[PDB]
Amino acid sequence: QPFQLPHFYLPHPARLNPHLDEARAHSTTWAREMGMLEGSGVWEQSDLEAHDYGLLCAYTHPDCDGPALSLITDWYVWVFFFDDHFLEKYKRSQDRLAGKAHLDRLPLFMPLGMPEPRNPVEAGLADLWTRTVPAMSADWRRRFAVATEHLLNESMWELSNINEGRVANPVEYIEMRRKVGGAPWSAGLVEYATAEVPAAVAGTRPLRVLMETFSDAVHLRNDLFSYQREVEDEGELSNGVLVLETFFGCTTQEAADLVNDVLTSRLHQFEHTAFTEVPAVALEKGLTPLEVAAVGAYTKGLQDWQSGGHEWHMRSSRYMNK
Ligand SMILES: NCCCC(O)(P(=O)(O)O)P(=O)(O)O
Ligand SMILES: [Mg+2]
Ligand SMILES: [Mg+2]
Ligand SMILES: [Mg+2]
């Protein structure tokens, strides 16, 4: 173990969806149906169960019913399969050209007909997209497809950095995980689980800031938990602890300690944003009682996502949690 986990700022206790065991059973079955287990070259069933994405989603989406949790869990099974698949098939061989082609096919499985799927990533996305889109607005649809594409562009950017040996500097790292990282995608599914953000406030600064603080915080937390795997097994350079470490030339523990202080700070700004800036713009735009409740449902969702996410990271076999 390369460093000891720091003292985390954890103000709000996590809650756990009672449909957890339902989500587990369904998603493991769905994974095999998509071809993500034996024969994938990526996961065996034992891997998927040890990662425990049912537990992740039950922690991060505590209030939705059994069917919603099952769909969300499949989404996360898919997003992590895509991550480990891309690593195993393209990153470890630094196959930038084949990676590009792989990624270029995936938008064909998010129509705003579809081709036949040739791999589990394509198969999973096709399935999820058809199951999810009918329940949401046409506007959520366009935003969610964009968010999913950003995730895809992220893998490319990361691979190119690995291939050229270039670690991003601290501002570059943050801005890149903001622009193409998976926080808007996660927040996209929080809306599915809670309510879509009223368009009257969706593009305003306080909701933008709310997303910035949410994004920074979730990535920095994961960086702390996955540094060991990423640095001494994967060769992944997209990690905040590694970014500070190379920039300052400090010890691993020193960088993790500062990363965590940055994390606590982002969490502070989230709380302030959620409590003050967002309610203010809700008044300024004259949202109805119903619209205000949707906003509150969503921001509350982000809070529970973060608290649950930490409890998951402390348990999943993906991470440095002893
Ligand atoms: N799509 C899921 C993202 C997975 C990660 O969180 P992990 O540390 O678990 O590998 P990332 O690769 O972004 O660091
Ligand atoms: Mg990744
Ligand atoms: Mg990863
Ligand atoms: Mg990580």
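Here chain A follows the PDB entry for its numbers: 4-115, 120-329, in order, are the residues you see. In listed order, ligands and their atoms are each counted from 1.
Structurally, the greatest contact with ligand 1 is made by what the PDB entry calls Germacradienol/geosmin synthase. In this structure, the drug found at ligand 1 is alendronic acid. Close to alendronic acid (ligand 1): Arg236, with a non-hydrogen atom less than 4.0 angstrom away. Residue contact annotation: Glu237 has a non-hydrogen atom under 4.0 Å from alendronic acid (ligand 1). Residue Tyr326 places a heavy atom less than 4.0 Å from alendronic acid (ligand 1).
Less than 4.0 Å from alendronic acid (ligand 1) sit the following other ligands and ions: ligand 2 (magnesium ion), ligand 3 (magnesium ion), ligand 4 (magnesium ion). Nearest to atom 1 (N) of alendronic acid (ligand 1) among the protein's heavy atoms is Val82 O, 3.1 Å. Residue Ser233 has at least one heavy-atom neighbour below 4.0 Å for each of these atoms of alendronic acid (ligand 1): 8 (O). Shortest contact from atom 6 (O) of alendronic acid (ligand 1) to any protein heavy atom: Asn229 ND2, 3.1 Å. Residue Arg184 places a heavy atom less than 4.0 Å from alendronic acid (ligand 1). For alendronic acid (ligand 1), the heavy-atom contacts closer than 4.0 Å come from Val82, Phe83, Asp86, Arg184, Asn229, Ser233, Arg236, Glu237, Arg325, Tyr326.
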